[PDB]
K.L.:
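For reference, this is Bifunctional dihydrofolate reductase-thymidylate synthase solved together with methotrexate.
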2 protein chains.
Amino acid sequence: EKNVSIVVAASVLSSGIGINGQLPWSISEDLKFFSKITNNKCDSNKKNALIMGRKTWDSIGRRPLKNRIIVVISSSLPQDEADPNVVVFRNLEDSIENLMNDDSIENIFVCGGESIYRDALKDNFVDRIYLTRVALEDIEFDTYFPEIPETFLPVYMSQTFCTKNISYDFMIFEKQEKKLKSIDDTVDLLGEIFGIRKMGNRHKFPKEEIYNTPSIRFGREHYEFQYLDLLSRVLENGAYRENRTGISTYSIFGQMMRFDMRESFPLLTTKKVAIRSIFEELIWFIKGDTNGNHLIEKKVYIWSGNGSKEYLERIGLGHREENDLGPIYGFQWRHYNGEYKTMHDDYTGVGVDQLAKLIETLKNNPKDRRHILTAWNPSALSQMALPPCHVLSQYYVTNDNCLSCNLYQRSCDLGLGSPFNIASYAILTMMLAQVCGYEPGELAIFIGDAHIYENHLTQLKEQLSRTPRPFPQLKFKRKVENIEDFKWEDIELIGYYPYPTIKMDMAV
Amino acid sequence: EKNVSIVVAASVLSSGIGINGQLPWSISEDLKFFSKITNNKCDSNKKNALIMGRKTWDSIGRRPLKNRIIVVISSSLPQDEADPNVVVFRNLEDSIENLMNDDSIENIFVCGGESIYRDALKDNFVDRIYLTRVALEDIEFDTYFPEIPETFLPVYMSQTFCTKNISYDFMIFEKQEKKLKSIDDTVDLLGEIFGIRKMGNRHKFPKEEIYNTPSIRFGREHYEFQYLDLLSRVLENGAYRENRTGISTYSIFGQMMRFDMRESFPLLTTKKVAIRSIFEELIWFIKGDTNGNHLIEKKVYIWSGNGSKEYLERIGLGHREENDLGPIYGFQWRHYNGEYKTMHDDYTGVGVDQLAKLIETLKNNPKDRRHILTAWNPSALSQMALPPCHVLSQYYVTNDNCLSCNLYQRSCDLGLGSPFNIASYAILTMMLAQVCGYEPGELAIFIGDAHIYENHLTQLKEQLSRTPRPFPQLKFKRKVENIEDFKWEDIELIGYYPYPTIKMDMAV
Ligand SMILES: NC(=O)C1=CN([C@@H]2O[C@H](COP(=O)(O)OP(=O)(O)OC[C@H]3O[C@@H](n4cnc5c(N)ncnc54)[C@H](OP(=O)(O)O)[C@@H]3O)[C@@H](O)[C@H]2O)C=CC1
Ligand SMILES: NC(=O)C1=CN([C@@H]2O[C@H](COP(=O)(O)OP(=O)(O)OC[C@H]3O[C@@H](n4cnc5c(N)ncnc54)[C@H](OP(=O)(O)O)[C@@H]3O)[C@@H](O)[C@H]2O)C=CC1
Ligand SMILES: CN(Cc1cnc2nc(N)nc(N)c2n1)c1ccc(C(=O)N[C@@H](CCC(=O)O)C(=O)O)cc1
Ligand SMILES: CN(Cc1cnc2nc(N)nc(N)c2n1)c1ccc(C(=O)N[C@@H](CCC(=O)O)C(=O)O)cc1
Ligand SMILES: Nc1nc(O)c2c(Cc3ccc(C(=O)N[C@@H](CCC(=O)O)C(=O)O)cc3)c[nH]c2n1
Ligand SMILES: Nc1nc(O)c2c(Cc3ccc(C(=O)N[C@@H](CCC(=O)O)C(=O)O)cc3)c[nH]c2n1
Ligand SMILES: O=c1[nH]c(=O)n([C@H]2C[C@H](O)[C@@H](COP(=O)(O)O)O2)cc1F
Ligand SMILES: O=c1[nH]c(=O)n([C@H]2C[C@H](O)[C@@H](COP(=O)(O)O)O2)cc1F
């Protein structure tokens, strides 16, 4: 009795594994993954058996795999005693003789093909499943991977990787039925004795109900989990709290999220995010534009709520024009401590330009620790339609010439603002990277107040029910001379296949 | 063959467990810990045996413990068949008969006393050790806990707790000799295939050599580990990088540290920290004082390096007086965007006072998400003797009326600056708490550039060789009317017993 694992690479949605007697994709890293995962052995005197259909055996060019014994399933092909590394069986179950005898075989893998995969699961010979999810969909498939039976649960999901602008993950499913103790007990007892006094009780591990894809425990690599687990922690430890809006939240303090921009783009796949709305807001910041109408003309309404007439009169800004938001983001970027009159005035030449000095500092003095962009001005706070949420950002040039970004955010809406903030500063870093001639680095976001508005509860619990899909890719179609020259047409979003969009009302 | 555990509470240094036939301390939580840890049983039909010396049996008033069978070791006391919950044995080894027979006993605990503890370890009957470390030292002990044999390694260290201004921990030692696999292998293989491309390879788990107290793996509760593990991560993944100083560092990006100020004070015990130097710098900030000499007069030299004549002339500030540092920390706190002349001028009335508006906002509108203190001013940056390291801080009022603090730090010296910054903002939060009538909350520090200067390598590796001791306590001797009225004499540091101070030269 030894282990039998399925190794397969299928499309993310339709699970297509092949077209016209070959692979729909060419990914070098995945073949090397197949090579290393099937060559994995504890005993040096043993080999691993690889079961595959005849057509699959044809697809590899009918040649043996090194240090492995290929088992071909065919009712046609002769059983050949010539090649010692290749053997043919008449049916799948008889090829499972590798269990009962032949102790020279340590582990068994099913390399499959649809016909083999389907009745390998159907007859339940499969202990484990190695799935490589690929982001190619709109192409054509004549061959698919059978839907994984409910007996399996994922124990692992890797980070998103990029090869030839194609995103892919690595997942491990296991067949689960059944089910040091000293430390677990002692901590629990201390938690009983001490109340909220013990800090371990102030941050509680989320209950399985609100924990996204609970079956994956030690195996969460994917950085969308960085957001989804923060979502869960707020649903668990969140204190019910009133705020300036009539809509109360559930708030916790001192949280963070890490993101990899090297091999992927941190855009949430559990909800369809409006990327155009995000970009057009970012280039709005970069241009230094405080005019709220310029966003609305482009059909981005996110700032309409804080850009109304009724809201401005309520905060004492009633003198102001309808959508004029005051010295907000991008004003403080391009002009710092500039005296603000209206949105129509020409502010060129006034105030400190941080974004300019930022870019200038990045390429001229990369190892400088002082690259910083701050939106928080105590003097201009009263003039703003709303104080900076993402307050300050620091940028870092790695020795391999990647550009990494840290962002502190004083107040964070996990339903609306956060999905935007994650992607927005991810784009900005990529923009700052191209202008300074760098590759994208890592994105880290630090959140002071992490909250969920009570009207988003039904929606965010829905979003948590969705198992994440690999991050998309974002490439620029041209290299601009100045960072202000970026246009929406220049952005190519590759392999984004999210879950249906979730509607959530903004608290004004 | 069942489990035998030692349960003991000893002083942190001299390991004294008792004085004059009783305990040197009275701690309610610890007795409840003893109660719950010795009442822990899997089977409801079984009881736990507690072995203790005669004098210890005297100390509890010679009365049985509920739901437990007390085993008293004496050569004098009669063996009494009267009380079924108490039994007397002539020697320790014969009392270990609980193993060979009497299956009504599930687990065995040694409640001890010095005479029992010493030859319980000496004859090696002890599988596990439950140690409660107490911060009382300078008092008198007639009874001690024997030095733990090298056969034991700690698997757990709890957070520091406070009872009657006394700090204490909870540790678990186990006797260790000997010594899912699928996930561990798959991740390793992906790490082989992909290079630094895989983000998991960019952040590597520290090698055992540079990992502080390696035996404690899943059991690190203590928040000094938050600093010590960050120390290790930099020693592992740190990129060698040049900077403005002639001394190069090893730098990583995007790190954080959490701290509990409720039950303890986050002051490093692995190195003796100068707390007076820290405080006098903080009250220096609070007063808004930019004069570097005022620190030197109080014999705090930390700013002397950046406060010299040669350093100022080097950065183009040569016009300035010797120790005048410009619009640095506390200037920007008390006066924001104030035009800076010299350190001697009277700045009262000019600039925005953040610290004032901060305190005013905290008690008037606690649930406000806008409490923020920023030292980073793009306009005044060129005038400063050095730009802000701890850039911005946000403060949070919990529903139970505790005050929690978040701090973003753009550049962090782990050898010198960080031990100061951790304690300094811990004090400031406690000060802001008293003025606004709150209890201390949690402290979270976010670090952009976490580095170790190459001259601190020998020192910081030494510091890593020291197993942490419970955090001290910090109490104020009086309640001030204004936050500026704090004096050094007002501070009482309770139960601080660090390792010897480690000298490290500041890079100028
Ligand atoms: N993305 C991935 O990981 C993988 C993709 N693929 C792709 O999928 C395609 C091939 O898959 P697919 O179309 O399903 O063909 P198969 O790879 O499953 O090959 C099937 C062959 O196996 C034999 N066979 C199957 N079932 C039985 C049975 N019950 N008894 C006896 N013999 C049996 C038959 O051979 P015979 O008729 O001669 O008796 C049959 O033609 C290829 O394009 C390949 O590249 C393949 C493997 C992995
Ligand atoms: N901090 C903590 O967790 C604990 C502290 N303590 C403290 O320790 C102090 C007392 O401990 P300690 O001084 O060590 O005294 P003990 O508690 O160890 O009691 C010793 C007695 O046990 C009997 N005994 C010991 N060894 C033998 C033997 N080899 N054969 C037969 N009988 C033996 C003797 O009694 P006899 O006269 O009959 O021969 C001896 O006097 C107290 O202050 C107590 O409160 C105690 C337990 C826990
Ligand atoms: C057609 N086919 C089946 C195939 C293709 N992709 C897969 N991808 C995955 N994730 N899992 C599979 N089971 C899988 N199977 C192939 C094709 C080539 C090789 C192959 O060349 N393997 C080499 C590896 C080549 C290299 O290192 O790039 C080896 O040594 O194992 C294997 C299977
Ligand atoms: C003198 N003595 C020995 C003693 C004292 N402190 C210790 N502290 C520790 N951490 N470990 C020990 N083994 C220990 N032993 C005592 C004194 C009182 C009780 C006691 O009252 N136990 C009650 C608990 C009391 C309560 O719940 O507050 C119980 O039900 O177990 C036990 C041992
Ligand atoms: N209470 C509150 N929450 C916020 O998130 C904000 C913002 C930032 C912001 C960010 C995103 C949106 C938003 O409309 N998100 C959407 C829709 C996006 C779209 O269609 O444009 C969603 O994902 O459901 C709206 C506002 C600006 N002002 C805000 N005030
Ligand atoms: N490169 C660099 N690193 C720094 O940490 C600083 C600081 C802040 C700072 C923080 C701590 C010290 C310091 O000397 N600390 C000491 C000595 C304390 C004392 O005896 O007063 C220590 O505990 O080891 C000196 C300066 C100010 N300027 C700095 N420049
Ligand atoms: O990028 C943003 N992200 C975000 O989450 N908000 C939300 C956070 C908060 O719910 C609201 C305003 O916070 P506050 O009322 O504390 O000023 O705006 C606003 C942004 F601009
Ligand atoms: O509180 C402080 N903490 C700290 O770590 N530094 C260090 C960080 C850095 O090593 C040095 C100067 O930062 P930089 O040269 O990058 O501007 O001062 C200074 C402080 F005042």
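Numbered from 1 within each chain, the chains take letters A, B, ... in sequence-line order. How was it done? The header gives X-ray crystallography, 3.4 Å. Remember, it's 1-based here, ligands and their atoms both numbered in the order they're listed.
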K.L.:
Curious which chain letters or ligand numbers map to methotrexate here.
P.N.:
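It sits at ligands 3 and 4.
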K.L.:
Write down the other chains contacting methotrexate (ligand 4), where contact means heavy atoms under 4.0 Å apart.
P.N.:
B
K.L.:
Which residues, given by chain and number, make up the 4.0 Å heavy-atom shell around methotrexate (ligand 4)?
P.N.:
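Using heavy atoms under 4.0 Å, it comprises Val7(B), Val8(B), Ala9(B), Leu23(B), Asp30(B), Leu31(B), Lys32(B), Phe34(B), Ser35(B), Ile60(B), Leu65(B), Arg68(B), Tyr117(B), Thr132(B).
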